**Student:** 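Below is a deposited model of Cytochrome b with atovaquone as ligand.
Chain naming here is simple, since letters A, B, ... match the order of the sequence lines and numbering starts at 1 in each. Readers should note that the entry appears only in part, and the reported contacts come from within that part. Remember, it's 1-based here, ligands and their atoms both numbered in the order they're listed.
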Amino acid sequence: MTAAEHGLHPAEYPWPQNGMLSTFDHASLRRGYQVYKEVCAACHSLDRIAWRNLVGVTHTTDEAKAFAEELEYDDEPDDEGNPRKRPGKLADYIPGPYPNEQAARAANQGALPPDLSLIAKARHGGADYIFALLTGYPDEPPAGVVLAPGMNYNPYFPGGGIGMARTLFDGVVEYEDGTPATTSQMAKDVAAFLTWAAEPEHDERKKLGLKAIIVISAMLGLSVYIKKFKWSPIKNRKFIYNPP
Amino acid sequence: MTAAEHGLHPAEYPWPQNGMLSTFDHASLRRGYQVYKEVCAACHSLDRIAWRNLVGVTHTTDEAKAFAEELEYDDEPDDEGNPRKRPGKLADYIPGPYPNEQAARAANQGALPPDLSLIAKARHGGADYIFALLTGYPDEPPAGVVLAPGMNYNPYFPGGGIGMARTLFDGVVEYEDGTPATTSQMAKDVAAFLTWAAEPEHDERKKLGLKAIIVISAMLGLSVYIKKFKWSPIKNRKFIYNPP
Amino acid sequence: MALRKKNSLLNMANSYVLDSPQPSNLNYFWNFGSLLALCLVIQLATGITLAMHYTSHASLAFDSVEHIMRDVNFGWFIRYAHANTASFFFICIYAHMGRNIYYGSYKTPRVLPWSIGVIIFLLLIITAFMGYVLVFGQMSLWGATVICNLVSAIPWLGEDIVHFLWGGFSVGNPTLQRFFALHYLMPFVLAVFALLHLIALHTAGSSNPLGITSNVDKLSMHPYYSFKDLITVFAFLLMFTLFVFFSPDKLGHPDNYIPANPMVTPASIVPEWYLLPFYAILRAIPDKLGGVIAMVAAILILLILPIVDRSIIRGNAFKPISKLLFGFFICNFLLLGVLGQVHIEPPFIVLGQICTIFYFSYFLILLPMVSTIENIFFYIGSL
Amino acid sequence: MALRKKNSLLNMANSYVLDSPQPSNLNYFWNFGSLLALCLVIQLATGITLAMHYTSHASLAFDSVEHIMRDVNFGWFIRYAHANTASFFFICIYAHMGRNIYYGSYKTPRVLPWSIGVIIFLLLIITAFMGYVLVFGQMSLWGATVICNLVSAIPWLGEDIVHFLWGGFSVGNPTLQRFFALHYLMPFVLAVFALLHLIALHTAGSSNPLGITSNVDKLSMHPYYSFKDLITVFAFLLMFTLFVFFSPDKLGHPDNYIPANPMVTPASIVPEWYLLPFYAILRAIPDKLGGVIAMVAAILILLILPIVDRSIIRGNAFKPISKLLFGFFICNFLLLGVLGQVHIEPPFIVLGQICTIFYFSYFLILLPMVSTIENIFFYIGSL
Amino acid sequence: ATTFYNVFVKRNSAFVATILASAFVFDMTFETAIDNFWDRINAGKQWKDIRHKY
Amino acid sequence: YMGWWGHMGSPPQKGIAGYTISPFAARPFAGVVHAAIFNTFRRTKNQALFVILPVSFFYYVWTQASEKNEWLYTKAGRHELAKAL
Ligand code: HEC
Ligand code: HEC
Ligand code: HEM
Ligand code: HEM
Ligand code: HEM
Ligand code: HEM
Ligand SMILES: CCCCCC[C@H]1C(=O)O[C@H](C)[C@H](NC(=O)c2cccc(NC=O)c2O)C(=O)O[C@@H](C)[C@@H]1OC(=O)CC(C)C
Ligand SMILES: O=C1C(O)=C([C@H]2CC[C@@H](c3ccc(Cl)cc3)CC2)C(=O)c2ccccc21
């Protein structure tokens, strides 16, 4: 295909989590949540993440309970069977900005902002694609590109014309840890956070894999010793032939 | 248990559908629907029956479309993602009187009127139980029975005290076929209708069973001829023994 | 040499269904084995078909069964066929175990097929039960609760196992989905074991109603028993047809057409007709662990028939006293069945206990004693 | 006589896993059989476990897979293990069929295990595919559409069959629930066939890398090949671990993490890495029915290797020309794989067609010709 | 009678063809016959019998 | 313990001549009337007590228990039920 139609392939950034023994940087996850909450959540849902999922990853139990308790969720009907709301609990899912797809499209000049819970797994490139996309809006589209109405030029998005405008600008978030909130810093943080969102088991998975690699390596070494040992009578077998 | 705790066992009424080769009387089914619609539907849902299920059983396609089209059902949201209603179609389910259990209980002094789609299969006795129950409210409870508040005495219901009051009285329905709407007639019709509701395949089932009984009988007869035929060399085998 | 003998694959089929040498005098009670095979085939066909339509999620399970009844073409047939064949499977399997106990099929050299059979019997119970739960009606949910709490009898770890088998604090969605997985699986395991007990039997060959060797007089499995087995296939299908088409709910509990409500259990708790004997056993014993042990032991005790039958003669055709004892044992097992479905009230509480003692005393006391005495009566009586 | 030989059940196990006489010189390519057995065991364990957590209803399926990833303890492992082992299963099965083609395992007297094997290969494709669909992501839904429409190729009835398979007018809930049923079932059928092709092989015994008789020099399956198979078990688990724990999504398509939207087909449609060779075949042929036939024929044509290999010598160890031809055939099969995942653009359209012709010409032209010529070269060359 | 045996029964190909063609005829006629019988025993009961009113 | 055709493991047989006729030559239902009536009566009579004795005893036991149970839950059976509990 044309380069345009593919999208530019994102650079491979050296994420903290790249590397067989490397976890996410949880400080970055926390910062990235704050970017999601203050920028992306206006348009994008994170439906597959519950408040409890943040606990002991980015936030303490108490901070996440505070986030849940600020919201109202549908309770069971009252005793007259009238609908009720309750304050959120940790088992509740982070609520979306829009009640349905149609409302989402209405607010976005027809384009549907995807759920971000899985977006790091759902696109070639993963974290790198999210970081490249968020930071990759040129001030001017390359000469000759005709954007469809309500599209913005972003080379990383296939086709070039993405319905999402540039949204990260220096100091749209004020980080609570005093980190300078530059476009690149916020994109890295939110990209990390979203990658965690997509694969939250990541840290545990790599640790168990480390233990497995070690055990399985040792067992493979020993199994080869044992095989050679048991086979040595056959390998070492010698014949004397006296034709009868 | 005491008789009270069991409930009186209902009489075995000679329903049209009793009998291996007997269908429902569809005229009775239609009359019974009219009883459900005009009496029972105030309190009881029939959630498992769709308008299309009445078609070619009790009503023509057109009459059932007319019933569906009188109601409003939840449509897909409009283009701004605002909720909408549409007129009912034949695939829609007959809607309940109450939005939830709690609203049902609120309207029934705490008691929950069960869904009637399955009630003929869900109670020992089936049609007979429904007919016995609906017609079996004595004018006076047997001397000595203490009813709990908001309970009505009905011997067929286990415990004796049922939260459903007597509801069929001579001429609460005006049948469209000019049949005298007596308590017994309406109970028989609605009991038949509910039995159909629980087992709508009844008519087809018994017909296929008739064909199966005939084929399987013939095959059983022939299989016995063939077995005897093939075994006759062994059965007819004779021995002569000459001790050596 | 005939292809059927030459080719390794055909030769295995041949050895089971065609050339297999069978005694020439097997009576109609030898037909249950093939009916259980037919039930197993019907159950697999209807079962896999229901699995194409059934949804294991607790919010949808009961409704998916109603959808099967109402919307799926012939869904009613497939559902009732599956449910009813589960009942016929148990009639046939009690018949088959009956036949085996009466004709001493459990004695050497057939202890192995017998003992594998006892495991098939346990697996059938667990399969059929796991399948009962999938409807997620009232009885379904309660049955799940009780069966998954039989492991609470196991001390210390017991309570935790219960929670582990429920995947929750109560029977709920998790439980229903894991019962679906296992109910689909268990029948294939059961077909393996059914095959294995035949392979174990193939060393000795079938017993016969005289209990003598049949090595003197064998008949090929086909055509003789193939055609003999068709008679019962058609007789079975006649009975199947009468239930499936004419009275599909006679063998069912009304309460299972009520969706599962974890807040109430029906006042009239009565399990499947085939579990009733062991349920009465469980009710009889007033101890938790006791009740469970007795109920499981009622099946596992069949494993000791090879030991406790001390007869020098195989099976009961020729033993008037053993036949009478077997008659009382069978009728007692039916009485237990009956007591399983009355209310837990006087005088049936004491009666159920007496029947439970009689059930166990057949294996532990009466059979060993009667079989010893009849040995002596044969020897003295024929001198 | 040893119990393992006396007892009928043990004797069957014994004959397969312990006393089974194997040639003494099987090399590491004889290890794929047991790896495929291990894959099959892993798939059954993880599969049945996912079935305890997965909900087949289209409204819930994708979400139940996310719930498995996120909420179920070790769900991530079980899911990725199941998904990755499906890839390893195909690496091993191509390796295993590779081994068989290179060493002439398809020749007499092993045509039967070979031919049963070809059916196992088709069943694996259908199993793994039906399994792909259960996620009900974007690639899943489209995959379902495509495969059920391969029956549309069949004229007249074809189109009605498609609707019958879907249970609808499109792939939807009905389809997904029936794929769940059959995906659970298909692996047990596949384990039967895997067992059968071993039983068929047990008449001739394993071939060996020299292609000579091994009747002169046999070695018990255990301990020698048991311990030899452990080496590859651990080597397999090392590779499994690297994928499952470190890169679980390397072998996956991102688009399957988008829920199924029947309105849009991903611009970049590319199936599982293992179906790619036949997908390129399907893309190559411009006719509908042609494309389908060719794709199926690419598997079924393996059935004719027993006929078209005219060699008097079993396998390729000693045939330089055949080894070169086999090298080009394998590389062409890998090229087809590669062309399966490029865009349908020049010049790869023509290239894919040339590779498709080369694929078929190996069975129809080259193998018969080369094998004939090498026969003559052996005879003349040794005179 | 020999003739009938020779034509329809002697060759198994012919016998199986005859059985399947008879099964076809039986299947079609049995269906029709039971349909009519079922309508006669349940006369005035079934939807087809009251449909005319609407 | 059982062999296969040719080596079934019968003690050597000698001196038994077995004769049978073709299924086509025999009437498969010959003497069916006689058998259905007289033979089945014979076989039923000989086994009757083995069924009748346990069925009649356990039917008696059930009958007594069900009648007592019924009676205990009447007004007349109030006192005997109070003792039983
Ligand atoms: C006010 C709107 C809006 C805001 C703010 C917004 N987005 Fe989006 N986003 C969209 C829309 C609309 C699309 C769909 C674009 C399309 O498909 O043409 C989208 C698409 C995306 C995509 C995927 C594009 C693709 O490959 O399909 C990612 C990833 C993304 N957004 C992440 C973010 C992150 C991270 C933020 C902020 C930190 C963010 N978005 C802020 C509206 C928004
Ligand atoms: C205004 C209320 C009301 C009307 C009208 C009503 N019911 Fe009910 N019905 C109930 C309530 C409440 C119960 C629950 C009683 C209880 O469980 O104590 C009930 C219970 C039943 C039951 C089952 C009782 C049981 O066994 O659980 C059936 C059957 C039934 N109704 C059928 C009907 C039919 C048929 C009609 C009219 C043709 C009807 N009902 C009219 C309120 C009503
Ligand atoms: C799925 C369930 C089962 C099937 C399909 C099955 C099938 C069979 C078959 C076909 C036979 C040989 C023919 C026959 O005697 O009827 C047989 C024999 C036998 N079965 Fe079963 N069986 C099953 C369950 C059981 C159970 C639960 C037991 C024991 C508790 C059992 C014990 C035996 C024994 C001991 C034999 C040898 C009996 C003899 O021929 O004397 N089987 N079974
Ligand atoms: C021995 C084999 C089997 C037995 C004894 C058995 C028994 C049962 C029983 C008793 C039920 C309850 C039926 C009801 O009351 O509705 C049931 C339900 C079910 N069975 Fe099976 N079953 C068997 C095999 C299978 C198999 C192989 C499948 C394959 C999936 C299966 C799938 C189902 C399903 C989906 C249900 C629930 C839907 C329903 O209730 O009808 N069964 N089974
Ligand atoms: C579930 C998949 C399969 C399993 C588990 C399996 C397993 C095995 C095993 C254990 C052996 C004996 C040891 C060995 O040679 O590696 C074997 C041999 C064989 N398999 Fe497979 N197999 C499978 C699929 C296939 C397929 C797809 C084919 C052919 C297309 C095939 C054809 C053969 C042949 C021809 C042999 C004899 C080869 C020889 O030893 O020379 N198998 N298989
Ligand atoms: C040869 C054996 C098997 C193969 C090759 C196979 C292959 C697959 C594949 C490729 C998937 C898609 C996985 C994904 O991308 O998420 C899958 C999913 C699934 N398989 Fe299997 N499978 C096998 C056996 C089984 C068995 C025995 C079960 C028993 C139910 C099973 C249950 C599932 C379930 C529930 C899913 C969907 C959940 C998921 O995607 O992880 N599989 N299978
Ligand atoms: C347990 C009783 C049932 C018998 C079947 C069990 C398994 C069985 O036969 O195991 C054997 C170990 C067999 N390998 C060989 O023949 C073998 C022969 C020569 C060389 C090597 N390796 C070289 O270095 C071998 O590995 C094997 O891996 O075959 C599995 C597939 C079988 O499972 C099944 O078919 C059932 C199902 C799980 C597929
Ligand atoms: O209380 C019980 C109960 O006890 C069983 C019982 C009876 C048979 C038992 C059993 C018998 C034999 C074996 Cl080998 C294992 C379990 C299983 C539990 C049920 O099936 C049941 C179903 C529905 C509601 C309540 C109940």
**Student:** Can you list every ligand or chain that belongs to atovaquone?
**Tutor:** ligand 8
**Student:** Quick one: what other chains come closer than 4.0 Å to atovaquone, going by heavy atoms?
**Tutor:** C
**Student:** Could you tell me if other ligands or ions lie under 4.0 Å from atovaquone?
**Tutor:**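 Other ligands and ions within range: none.
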**Student:** Which transmembrane segments of chain C (numbers per UniProt, starting at the N terminus) have a heavy atom within less than 4.0 Å of atovaquone?
**Tutor:**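 Non-hydrogen atoms under 4.0 Å from atovaquone turn up, by UniProt numbering, in 3, 6.
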**Student:** So what's the organism behind chain C, according to the entry?
**Tutor:** Yarrowia lipolytica
**Student:** Just curious, which residues make up the binding site of atovaquone with non-hydrogen atoms under 4.0 Å?
**Tutor:**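 Heavy atoms under 4.0 Å: C:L122, C:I125, C:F129, C:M139, C:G143, C:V146, C:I147, C:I269, C:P271, C:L275, C:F278, C:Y279, C:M295, C:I299.
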